[PDB]
Every structure is written in C-alpha cells, then in structure tokens.
Amino acid sequence: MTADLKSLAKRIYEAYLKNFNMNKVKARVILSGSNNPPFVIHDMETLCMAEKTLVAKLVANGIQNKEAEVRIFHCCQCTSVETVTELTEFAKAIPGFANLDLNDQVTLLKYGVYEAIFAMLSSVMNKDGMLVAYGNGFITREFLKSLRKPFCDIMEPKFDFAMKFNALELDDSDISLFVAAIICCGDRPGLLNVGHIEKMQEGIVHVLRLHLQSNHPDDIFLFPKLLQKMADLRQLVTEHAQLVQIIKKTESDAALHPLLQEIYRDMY
Ligand SMILES: CC[C@@H](Oc1cccc(CN(CCCOc2ccc(OC)cc2)c2nc3ccccc3o2)c1)C(=O)O
C-alpha cells in the first residue's frame, strides 16, 4: 500500500514521448546520418536556401524581408512557442500539477518553460551545430557565432551548457523526469500554495532519484549533478532573458511573440 515509483517514472516517460515532437532518440537518428535528410546551414547562402524551402513565407517578401539575424531570431521564437504548448500538456502528467490553482500552474510554467527548453535543446546539439525546423535543418555552431552582435551571443552559452549536459549520457527516460522536476520548483516567485507545490516537488524528485539510481548504477553522483544542472539552467535563463530584453529594446525589427512577452514579463 505504497506509491509505485517505477510505474510513475514510466508514466512520465510515456507522457514525454507523446507530447514532445523532438526527443533524444529521434535527434540521434538524424545526427548520425535516409528520407528528409537535414539541410546543412553553414553560411548565408545555405541559410537563405534553407529558408526558401523550410520557412518560405518568412522570405516571400521583396526587399522587405528582415535582416538574416532577425529572421533567425524569429525562427527561434517560433520553436519556443510550440515547445511551451508541449510543456503545458506534458505538465498534466505530473502528479498533483493539475490539482493546483490555475494561477500556480501558470507561475510554475512561466519560470520553468525556458529551463526545460534549454535542457531538451541539448538533445539536438553536438559540438558542431544543432538540429532546427523539426529535424530538417542542421545549423552550425560557427555560423551562429558569425552573426552580428548581439545575435551571435544567443546560442553559444546554450551549446556550452549542452556539451557538459550531454556528457552525463542521460536518455529520454531520465530527461522526462528531469523536465518534470524543473517544472515543480517550490521557490518560484509569486506562488500561492507553496506547501502543496513543495510536496509535489518532493514526490517527483523522489521518482527522479530512484530512477537515476536504477538507470545509472555507474554514476553514484548523477542525482546531485542534475540538481546542480537545474541551478545552472536557472542562471542560464536569467542571462538569456537579459539578452532578449537588450535585443527587444535596441533592435527595432526584432519583435517578440506575445506569448513569450508574457512569459518574460516580470520574470527576473
Ligand atoms: C531568440 C529568442 C529565443 O531564444 C532561444 C534560444 C535557444 C533555443 C530556442 C528554441 N530553440 C531553437 C529553435 C531554432 O529554430 C530555428 C528554426 C529555423 C532556422 O533557420 C532555417 C533557425 C533556427 C529550440 N530548439 C529546440 C529543439 C529541441 C527542444 C527544445 C528546443 O528549443 C530559443 C527565445 O527566447 O524564445
């Protein structure tokens, strides 16, 4: 007459497989090297070729098209908006989340979504570049570094995080629980029912700890390593939000999608 924590871990994993269009298995199949192979974006010529095939509407304007850096900024936001939708549906599988007040659900997702985004982003990155456009492009790390300031500063810290995160060799069953734990942080600003959220967090972290013990018997410190990665992600998001605000204020053509503007509003 006890919680079945192995069953819960499997439920979370199944919800992750159902709700996220990208996962580490899918990404690795593509990155390894037959249908729909990824178009490689390594310079301005190949960026523009990729846009004409994969986001035609964005470049179907005359000399009215935006600057390449602003077009990339827009494409990045589009993926974030879609991933926020996936994360919101995923969160329903977390025991207790759907029993919280709506306002607390909103607050947890508001602070958690970009931590989860950058954790899952790691799965589509290697040291040379990253998958984009639902696995149909691969944009090189060096090309993103070549963009004009400040746009060249967006992705490189995420690559830095990812290279170390990927060295932990998590699989999707681990990542699903890590993303659930990110969402269940009881110390987010503005929460109403802190006590119930702390209990929800305790439960999901217990599931995560036991799962890592079973799935990674070789790495006895993997759980505290991941606790530290959660704190690293919070700092990564804080710095990212600061850069997004600089771009919003100084780049008149770089607009922010209204759903993301609300996420960023009063966040840090
Ligand atoms: C800039 C403001 C924006 O910052 C960022 C910063 C880093 C990452 C993102 C979201 N992201 C990159 C999409 C790039 O998308 C294209 C698409 C086409 C293209 O050219 C053809 C170029 C880039 C992403 N990928 C993922 C894959 C798996 C899981 C989660 C994922 O998250 C947004 C924000 O804050 O929303």
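Count residues from 1 along the sequence. Indexing begins at 1, ligand by ligand and atom by atom, following the structure's order.
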Q) Of all chains in the model, which has more heavy-atom pairs under 4.5 Å to ligand 1 than the rest, named as UniProt has it? A) Peroxisome proliferator-activated receptor alpha
Q: Name the drug or drug candidate found at ligand 1.
A: pemafibrate
Q: Provide the number and element of each atom of pemafibrate under 4.0 Å from a heavy atom of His240.
A: 3 (C), 4 (O), 5 (C), 6 (C), 34 (C), 35 (O)
Q. Should you measure from each heavy atom of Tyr114, which atoms of pemafibrate turn up under 4.0 Å away?
A. 34 (C), 35 (O), 36 (O)
Q) Should one rank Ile263, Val132, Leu259, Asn23 by closest heavy-atom distance to atom 23 (C) of pemafibrate, which comes out on top? A) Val132
Q) Is the shortest distance from a heavy atom of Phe20 to pemafibrate less than 4.0 Å? A) no
Q: Report the part of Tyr264 in contact with pemafibrate, treating N, CA, C, O as backbone and CB onward as side chain, heavy atoms under 4.0 Å; options are side chain, backbone, both, neither.
A: side chain
Q: Provide the number and element of each atom of pemafibrate under 4.0 Å from a heavy atom of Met120.
A: 28 (C), 29 (C)
Q. With a cut-off of 4.0 Å, which atoms of pemafibrate are near a heavy atom of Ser80?
A. 9 (C), 10 (C), 33 (C), 34 (C), 36 (O)
Q: Starting from atom 12 (C) of pemafibrate, locate the nearest protein heavy atom and write down its residue, its atom name and how far away it is, to 0.1 Å.
A: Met130 CE, 3.9 Å
Q. Just which atoms of pemafibrate are under 4.0 Å from any heavy atom in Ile117?
A. 30 (C), 32 (O)
(Q) Only heavy atoms of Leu260, strictly under 4.0 Å: list the atoms of pemafibrate that pass. (A) 36 (O)
Q) What do we get for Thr79 next to pemafibrate when only non-hydrogen atoms under 4.0 Å count, side chain, backbone, both or neither? A) side chain
Q | Protein heavy atom at shortest distance from atom 22 (C) of pemafibrate | A | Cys75 CB, 3.9 Å
Q) Nearest to atom 21 (C) of pemafibrate, what protein heavy atom do you find, and at what distance? A) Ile41 CD1, 3.9 Å
Q) For pemafibrate, which atoms, with element, lie under 4.0 Å from some heavy atom of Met155? A) 7 (C)
Q.
For atom 20 (O) of pemafibrate, what's the nearest protein heavy-atom neighbour? Residue, atom name and distance, please.
A. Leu47 CD1, 4.1 Å
Q | pemafibrate contacts in chain A: dominant UniProt domain | A | NR LBD
Q: Could you tell me whether pemafibrate has any atom less than 4.0 Å away from a heavy atom of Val124?
A: yes
Q: Using a heavy-atom cut-off of 4.0 Å, name the UniProt indeglitazar-binding residues of chain A that are that close to pemafibrate.
A: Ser80, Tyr114, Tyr264
Q. How is the binding site of pemafibrate composed, by chain and residue number, at heavy atoms under 4.0 Å?
A. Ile41, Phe73, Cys75, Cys76, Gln77, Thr79, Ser80, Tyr114, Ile117, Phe118, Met120, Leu121, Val124, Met130, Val132, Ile154, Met155, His240, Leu260, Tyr264
